[PDB]
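Consider the following structure, which contains pemetrexed.
Quick note on labels: first sequence line is chain A, next is B, and so on, each numbered from 1. Whatever order the structure lists ligands and atoms in, that order sets their numbers, starting from 1.
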Protein chains: 2
Amino acid sequence: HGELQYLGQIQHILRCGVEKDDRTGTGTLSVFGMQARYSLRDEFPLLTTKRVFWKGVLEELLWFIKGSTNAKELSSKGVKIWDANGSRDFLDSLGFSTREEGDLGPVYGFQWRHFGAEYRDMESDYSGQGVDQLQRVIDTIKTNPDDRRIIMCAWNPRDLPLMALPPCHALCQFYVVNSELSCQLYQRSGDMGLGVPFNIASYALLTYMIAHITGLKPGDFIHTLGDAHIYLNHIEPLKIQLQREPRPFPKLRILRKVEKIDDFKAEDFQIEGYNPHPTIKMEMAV
Amino acid sequence: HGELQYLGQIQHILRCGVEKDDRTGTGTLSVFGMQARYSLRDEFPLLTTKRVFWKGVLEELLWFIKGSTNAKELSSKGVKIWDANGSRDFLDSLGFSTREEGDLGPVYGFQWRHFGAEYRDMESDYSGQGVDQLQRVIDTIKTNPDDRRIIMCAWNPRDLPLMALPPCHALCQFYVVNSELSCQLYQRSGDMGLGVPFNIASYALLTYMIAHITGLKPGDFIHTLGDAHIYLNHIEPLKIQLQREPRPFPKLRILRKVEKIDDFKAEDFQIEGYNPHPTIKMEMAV
Ligand SMILES: Nc1nc(=O)c2c(CCc3ccc(C(=O)N[C@@H](CCC(=O)O)C(=O)O)cc3)c[nH]c2[nH]1
Ligand SMILES: Nc1nc(=O)c2c(CCc3ccc(C(=O)N[C@@H](CCC(=O)O)C(=O)O)cc3)c[nH]c2[nH]1
Ligand SMILES: *c1cc(=O)[nH]c(=O)n1[C@H]1C[C@H](O)[C@@H](COP(=O)(O)O)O1
Ligand SMILES: *c1cc(=O)[nH]c(=O)n1[C@H]1C[C@H](O)[C@@H](COP(=O)(O)O)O1
């Protein structure tokens, strides 16, 4: 079904992908330019050939929406996925010695809600500052769904030098037709073993959310990869996953009627019928 | 061959695309999310089922590279393609009455070379201001071709309100492997009848240029569409073009060794073996 698109890319990268060195010191097999279409109609694409950490997914999205750039605010929810890039050693290796541990800089959250804003620290008050792309999107979908410019962009050339790690999912666009909402994302860099499974579920979630607030039904989620790679220490685990057979995707039900996107809380959502294969550990390249 | 990928999209949009209204008042048949891979190896993808206005293509690219945002500077080269969006009526319909005719605002050129810069007018001196993404790319390709962040982004959330028409080709990323350079582009909006044929040739040209300056051979050009559409008054002309049979793509020869990307002049290039079908007129939706 849909999960076959992902499994296909994993295999393609493995057979043809060229070996390439990366900034983390690990090895890589990569391909440049791919695209997969995931349907959000009566199903949510949460991989089944492996049990995905749904919690961190939901928690991360929520963390993004409130415009936070502090690894600690997320680690507080039991989702440690960003701590690594917020460490003292990592911050220092980038020359951010004066920065407080946990401050990722002007990344995802900050750009979605305050693009123009002049960044200070992970604790500054930015309200009212910069452009709020998220809200902007919502309003355009509501007043003119034919608009060919419903875009949310995290890539900010001017702020790059202060980011602990530039956006991998740097740009997404929404589209409307027949009362159903679709979203496409441009991911410059894609760690097929870890981030990608997360990424896919993260945007399918965002779409559902916005579709809810706008009174539209989810359409498709187009995933576009730039540098899609499989780290060397992910090759064996992936080889096994490729052998497992997928199951039908689960469903995402929203337990309540929400008006503003900032109202959503972890409790408002619930996954149904998720029957995945056993978990698979994979080491994140730092 | 390669031109078949394009012809395929035209047909797919026609037989499966949904009718959709657009900002120009014209009608539209659209699809959301597509991708085509064009090879730049010993061939330049300049459509053959129709004779493409190569001049405007080359002239436009050059116009972009020097960071100009004035329709008149291009109309001066005999390429009138942008005049329409720089008119007084159009500028005024957007509320830009105080703006001088021809000033498109902070678009393509301005963002490629001065992303951060604070826009003034199509005649202001921006040198030394904002980030120069173009040069940035060149240097990264030269010092670390494994870099997973070689990106040039025109989409600037903060400047949007001042653009006569937001970027259609809003983001592209480069990739290197085996001494050959590839480029992928994200085009949020795609007028299949006019712009797209231009767009494709425009980026294939840019790639060739950068590959030359960096001492690499062209690889592939991945074209990714967001809202790909065929305007209603383009349906009949396209239906005929779909019936014509493609010919082998021509070759792009660079008549001279160039060091800096700003040195390139229209004369440095030459197309060879271009044998296309007769021209096809199509009215641009304003
Ligand atoms: N190299 C690299 N790749 C990335 O994708 C990345 C990111 C993106 C977020 C991210 C990081 C790790 C995991 C993750 O580790 N997931 C695991 C376990 C998660 C847990 O339970 O804590 C998984 O198997 O899904 C899932 C998502 C930040 N820094 C990164 N660096
Ligand atoms: N709706 C819309 N589509 C676009 O592509 C666009 C653009 C891109 C620039 C552009 C405009 C017109 C033609 C063009 O007219 N090309 C003709 C021949 C032109 C000539 O003879 O000079 C063609 O057949 O390709 C080719 C390129 C700006 N505003 C636009 N609005
Ligand atoms: C980044 C964040 C995300 O959401 N998705 C991802 O897969 N990644 C991965 C890609 C790469 O491994 C690393 C970022 O490295 P780089 O900046 O591209 O060099 O995280
Ligand atoms: C914009 C510029 C370009 O180079 N390529 C294109 O084909 N276009 C087209 C897309 C769309 O048809 C129109 C812009 O309209 P809108 O801003 O999306 O409303 O020009």
For pemetrexed, what are all the matching ligand numbers or chain letters?
-> ligands 1 and 2
Find the chain in most contact with pemetrexed (ligand 1) and give its name from UniProt.
-> Thymidylate synthase
Which other chains does a heavy-atom search at under 4.0 Å around pemetrexed (ligand 1) pick up?
-> A
Taking a heavy-atom cut-off of 4.0 Å, which of the residues UniProt lists as dUMP-binding in chain A lie that close to pemetrexed (ligand 1)?
-> A:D191, A:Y231
In chain A, which UniProt active-site residue has the smallest heavy-atom distance to pemetrexed (ligand 1), and what is that distance rounded to 1 Å?
-> A:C168, 6 Å
Please list the residues near pemetrexed (ligand 1), using 4.0 Å as the heavy-atom limit.
-> A:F53, A:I81, A:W82, A:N85, A:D191, A:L194, A:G195, A:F198, A:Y231, A:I280, A:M284, A:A285
